[PDB]
**Q** 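Hey, got a structure here with aminosalicylic acid, can you help?
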Amino acid sequence: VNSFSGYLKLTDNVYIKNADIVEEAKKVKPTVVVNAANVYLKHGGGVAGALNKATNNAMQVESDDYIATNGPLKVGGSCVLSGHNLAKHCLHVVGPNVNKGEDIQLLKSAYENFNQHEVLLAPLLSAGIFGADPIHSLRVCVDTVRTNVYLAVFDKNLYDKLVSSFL
Ligand SMILES: Nc1ccc(C(=O)O)c(O)c1
């Protein structure tokens, strides 16, 4: 048993809810929250900008030190950093950004990072401003992640479309 509430069960291991991931993290304090990161860990917009704002910019300060030491992530890659006030840990995962021309085949590689963690609160990778089809992102998630993933979908209209169209 875990602390996640109000989720629809899609599969043995994948759950979904219409929720603001920031508000969900603040309530649950999960072991792992996933960030929709870019390779520079520049948390300006989207889930990343919202998560970073909720940490009062401490996520960005920590991220800048990580990049100064290690250089940029790979598209499809990840790093584990602090979860600050939102979670124990934040798994920063880089899905391909279609609005920058990145290979959508890298979305499966991105989701494979989730398998290193038994339970995660996450957004749909490459959904929203990263420009991918969220229906596709949910299909790759279900077909790739084997650990327990709680997906928080911000847009109510999209949530309903994802559930209604789910095979
Ligand atoms: N508070 C939130 C939650 C999600 C997003 C998102 O873009 O997916 C956002 O931009 C703000």
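Positions are given from 1, in the same order as the sequence printed here. Any value given below was found using the heavy atoms of this structure, including those in side chains, with hydrogens, waters and symmetry copies removed. Atoms within each ligand, like the ligands themselves, are counted from 1 in listed order.
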**Q** Which macromolecule makes the most contacts with aminosalicylic acid here, by its name in the PDB entry?
**A** Non-structural protein 3
**Q** Starting from atom 3 (C) of aminosalicylic acid, what is the nearest protein heavy atom, named by residue and atom, and what distance separates them?
**A** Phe154 CD1, 3.3 Å
**Q** What atoms of aminosalicylic acid come within less than 4.0 Å of a heavy atom belonging to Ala50?
**A** 1 (N), 2 (C), 11 (C)
**Q** Check each atom of aminosalicylic acid against the heavy atoms of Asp20 and keep those under 4.0 Å away; list them by number with element.
**A** 1 (N), 2 (C), 3 (C)
**Q** UniProt domain of chain A most involved in contacts with aminosalicylic acid?
**A** Macro 1
**Q** Looking only at protein heavy atoms, which one is nearest to atom 7 (O) of aminosalicylic acid, and how far off is it?
**A** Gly46 CA, 3.5 Å
**Q** Run the numbers for me: atoms of aminosalicylic acid, each under 4.0 Å from some heavy atom of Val47, listed by number.
**A** 5 (C), 6 (C), 7 (O), 8 (O)
**Q** Can you list, by chain and number, the residues with heavy atoms within 4.0 Å of aminosalicylic acid?
**A** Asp20, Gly46, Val47, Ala50, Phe154
